[PDB]
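Every chain is numbered from 1 and lettered A, B, ... according to where its sequence line falls, protein lines coming before strand lines. Determination method: electron microscopy, 3.2 Å. Every number for a ligand or one of its atoms is a count from 1 in the order of the listing. Computed over heavy atoms, backbone and side chain alike; hydrogens, waters and symmetry mates excluded.
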Amino acid sequence: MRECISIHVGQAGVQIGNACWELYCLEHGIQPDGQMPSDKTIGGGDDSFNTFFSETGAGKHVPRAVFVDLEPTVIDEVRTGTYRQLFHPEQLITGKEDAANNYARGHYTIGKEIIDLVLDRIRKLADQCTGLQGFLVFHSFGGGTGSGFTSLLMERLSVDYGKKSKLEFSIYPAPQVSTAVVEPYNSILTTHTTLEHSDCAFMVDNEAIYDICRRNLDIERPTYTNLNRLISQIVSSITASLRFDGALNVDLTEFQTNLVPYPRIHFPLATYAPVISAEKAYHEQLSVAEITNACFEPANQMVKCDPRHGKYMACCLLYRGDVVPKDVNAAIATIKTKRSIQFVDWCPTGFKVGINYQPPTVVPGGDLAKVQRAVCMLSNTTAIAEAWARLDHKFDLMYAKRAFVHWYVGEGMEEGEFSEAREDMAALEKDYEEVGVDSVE
Amino acid sequence: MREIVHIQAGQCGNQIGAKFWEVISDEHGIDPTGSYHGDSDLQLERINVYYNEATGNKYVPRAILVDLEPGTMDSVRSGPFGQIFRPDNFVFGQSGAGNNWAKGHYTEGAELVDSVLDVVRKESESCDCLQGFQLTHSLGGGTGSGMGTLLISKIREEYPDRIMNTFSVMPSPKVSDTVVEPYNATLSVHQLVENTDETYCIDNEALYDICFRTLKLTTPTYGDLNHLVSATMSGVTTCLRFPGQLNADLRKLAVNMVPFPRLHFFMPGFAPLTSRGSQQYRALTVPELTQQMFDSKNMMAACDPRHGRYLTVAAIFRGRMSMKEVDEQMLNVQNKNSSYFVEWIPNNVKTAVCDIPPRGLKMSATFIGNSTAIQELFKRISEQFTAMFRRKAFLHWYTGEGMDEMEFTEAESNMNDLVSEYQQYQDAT
Amino acid sequence: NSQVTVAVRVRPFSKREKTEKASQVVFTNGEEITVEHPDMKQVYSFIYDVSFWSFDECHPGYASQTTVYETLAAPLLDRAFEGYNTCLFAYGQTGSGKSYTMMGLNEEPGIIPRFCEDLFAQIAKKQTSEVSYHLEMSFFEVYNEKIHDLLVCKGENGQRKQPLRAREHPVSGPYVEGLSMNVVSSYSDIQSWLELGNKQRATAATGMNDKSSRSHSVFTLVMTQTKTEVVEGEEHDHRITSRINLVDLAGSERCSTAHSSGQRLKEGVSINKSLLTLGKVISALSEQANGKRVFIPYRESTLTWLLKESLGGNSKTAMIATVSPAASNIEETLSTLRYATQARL
Ligand SMILES: CC(=O)O[C@H]1C(=O)[C@@]2(C)[C@H]([C@H](OC(=O)c3ccccc3)[C@]3(O)C[C@H](OC(=O)[C@H](O)[C@@H](NC(=O)c4ccccc4)c4ccccc4)C(C)=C1C3(C)C)[C@]1(OC(C)=O)CO[C@@H]1C[C@@H]2O
Ligand SMILES: Nc1nc2c(ncn2[C@@H]2O[C@H](COP(=O)(O)OP(=O)(O)OP(=O)(O)O)[C@@H](O)[C@H]2O)c(=O)[nH]1
Ligand SMILES: Nc1nc2c(ncn2[C@@H]2O[C@H](COP(=O)(O)OP(=O)(O)O)[C@@H](O)[C@H]2O)c(=O)[nH]1
Ligand SMILES: [Mg+2]
């Protein structure tokens, strides 16, 4: 068999997981009570695919996931909402008090004596899985739970299980927009610990999706329940080869092998095909060439970094729906012919290809439209150094006066732990500046 | 779940907390008996944040009313929401302070702090987890300043990990409802700066000018100002009681709105504030609320923000909204008005959005700000003080109760250093 | 103000550290003090105003105890002789060489005893019958921003250590209410007092080692000068006071490798906060010397508050760090050197 545990951490991850499972249940045929009348009407098939859903003898389907926030105001919606009867009642809140946007309480003061429950449920949900494996952590750089608890959980799972494919679909801080005056510290503090243990972390930024959603979907007044659905579509395009049958499959370790040349440069970007609204679904072809040419378009990128100031170390293209390989190959050749998409000379191959047949679903009451084909890009480029050069500057302004630091030392943390965590990120930036240079023989 | 213990020191504390419980009950659906008479199932899910349960489905608030000289206590019992409070929690002694900080910190405060702290322990140890505390007092006067500061010191000695969030009415520029205001304010600031995490400097002249200009009221009594202050009080601790998209709390606001610990004096504000006729001639949206918020005529501090730079500000929203519009507007405010913002903080704003608005509105916002204009709330106090202390004007009443001049010079020295730490960031760097 | 003088010192390998044959991570090139990891990756450089090398008795510039006194502590007596105050702060973790540096061994004296003996020498040399000299000693500690006295002999009961409090005199400045002060004429007296003080200091048996320190100790001398003989009535008019403050701090002890919980964690927070504010103060004063406009946060802690008339003004200040050259202690060495650099800039 094959399996993938999904862990959600914080209020970013929960609100994302809700959307992801709203999509998964509708893709497979499960309704919120766990049952599946689709099987009872059809009478066969593994459509209740066992990568994400464990199955009891009573016909129920309970999903392989945990989600934690250290404050019950969020998850208690799940213990009251539509998906009450689906998820296991072990949704490990221990939220007597929140992490207050500091890594200091998420890593030690309100972290210790609670993570043991998480690791216990992970042991209980791994021994039920005799198959391919790999974990998906959904968190946000910038919170006290998305930073410290994540850095605490990964440094333990890298002992307990070890040689497994761990992944992180993490929210990223926007340059201008930000809903906190402390994310510059939490970001780099989390990157220090989650740069050795993790294997490939995909990053997404709220500002990019906001700027997309009005340009294409014609929404001038968007919310968090209309970006979290696109995020779920990305996760589904990443996790579909495990579930559905296809012409050319790509599994969890393959993303880790293609897109991570060195151990430390495992932080790529993501895209989809959202030039697709309900009215603009007509008036348009939605071929393979047109959709794949939305890859290199910065207006459709989901992280704020113009790739034209950098080069592509690697790229991966996962296609859903009715797609034929020669269309993908013509797309790749038309891309390589151009000169705006620079490629590192140590990667003439560049691309992966992955094809599956089941098209994406339409989460009803939603913005996206029914399609016959969908595409996802995962791109490791040297441009994102700029997207860090801002953060490491912000640090260097507010760490000059030692500002917002007594709240962190007050919850057990060193004042020399930020100087030691900011001397590693500059080395990473220097690494990106090193690999991007072409060799002179 | 997270919980608060309110204390009510001074007439003002007790004249405001009544109106605050009148607003909490209105939101949570409780009558004077304590009985639930609401409509939705989302008022009782987190009722523990302020109230405790009882036997016959009744709910009793966690109030501790300490006031020397029982005159202002009697008024509550003969009021609308007086018979919901616990009689065991009304703690008062006779012979009131007399607008003396000595007779509310040293003598009678020392008599009546044990009986107060006993009920504090009684209410706190009966909480699952505790976040912090809450106190409403008026500086300048007697009881509310001295006894409040004494309680704060004792409590932060007992429970230092938890928040102590004072909502303090401060002296005014021109009005003087009390003549010994600067001395008591100086001593109270000397006691609050070291022993507080976030306090809010309300001022009465700003509330009058809000009541006259915006609301276009003609006979504004005290209950209307208390109405504005309760409004803010309720909005601060919303994301503990109700859910939303980006939940905040007291400790997130504390970690964010306080770059250094001594600069924990903020300017508040409330927003939708309109007249009875001018509500048909606008449109409630995020930009109108933000414009009403960053205006100098909806802040309660009696300090024009345009005389100093904002170190940090916070906006707690309530209602169905769009985070895109929120962040776009809070970014436009930074990019247009950068001269009023600090440069060593790249983003000076945070946000917080609940999903359940007040009983009869679709949107609501509260605003908080750590600024540098607050100088002119304390510099004046350091000028009134030294004009009086240089001649020993109102002094013998205070030396007569076991005190010295050294304490007064110290307090002056601490307020001036606060003003210096503020002035350090009022010129561009 | 005047230039805060930071200094380092690299102790040699210990006996066990040479028996077990631990490696070497810290190197020096004159002024530069670099740190090369054994096999991982990039080297971090560090530059300071003064550097002391005590690894082996061959190198040019082997800074023994006498050189450490005569380059850092000696001129501070001079300013302590001309009526201006002075402070010397020590910083370092346990196993880094503070007690060997400040106090020392009975055959290898530290900095404190040489300070006191050279003091008494210059006193008795100039001790005419027209210019006298008085000395006054005191010794206290900060524990969770509570000032405790150490000369006070305690009784065998529960909580007996009474916490004294600070007060601001409008003329002299900050001071302590009830801190005993004793006269001194022979360094034997100072030794018999300092041993008694250190035997009472807060020192918990941490899981790493039994002998540590969880409180910041201050050792204050007051040097009073009666240079006054008016030529009209032969009567003392004026009198100079100067303050000398030798301070022994505690370590960072980040609560991460040392899972601490309870009273051993609150001590941590207090120590870290005091170190976070003292470094802030010294940086702000270094900027103040450079003709800029800065505010010195003196009231955010106790030591920064009580030592306020000694740091600023026409004073002169000094700092000594102590770092181990082994490979097991690279994180602590880095945490000390970075702190010292922040004090410098
Ligand atoms: C539909 C409509 O627009 O009627 C409004 C109204 O016309 C106005 C004048 C209301 C009215 O507010 C005032 O009259 C007022 C007078 C002096 C000082 C302060 C307020 C209103 O009374 C107030 C009342 O709002 C509330 O009731 C809130 O729940 C309020 N709580 C209480 O008023 C309350 C109820 C019982 C006991 C104590 C207080 C509240 C405010 C903040 C936070 C939580 C709750 C409402 C809908 C209105 C009237 C009735 C006219 C406004 O009320 C507020 C501050 O929300 C003022 O701005 C709003 C909107 C309007 O301008
Ligand atoms: N895309 C997206 N981002 C979110 C969502 N919810 C929160 N965020 C982002 O995540 C950050 C919020 O910090 P959180 O990580 O939620 O903090 P937390 O994880 O709840 O833990 P605390 O910090 O203790 O509250 C903000 O910067 C938001 O932009 C969401 O539903 N979607
Ligand atoms: N907002 C408001 N302020 C009040 C009220 N009553 C008194 N005050 C303020 O309280 C101050 C006087 O202090 P006071 O509370 O009477 O002293 P105390 O009796 O010793 O607590 C004055 O500056 C008033 O503005 C009230 O009902 N509402
Ligand atoms: Mg949260």
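- Going by the PDB entry, the chain with the most contacts to ligand 1 here is Tubulin beta-2B chain.
- Modeled at ligand 1 is a drug that PDB records call Taxol.
- At a heavy-atom cut-off of 4.0 Å, the other chains in contact with Taxol are listed as B.
- On the PDB entry, the origin listed for chain B is Sus scrofa.
- The binding-site residues for Taxol (non-hydrogen atoms, 4.0 Å) are B:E22, B:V23, B:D26, B:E27, B:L215, B:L217, B:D224, B:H227, B:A231, B:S234, B:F270, B:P272, B:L273, B:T274, B:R276, B:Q279, B:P358, B:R359, B:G360, B:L361.
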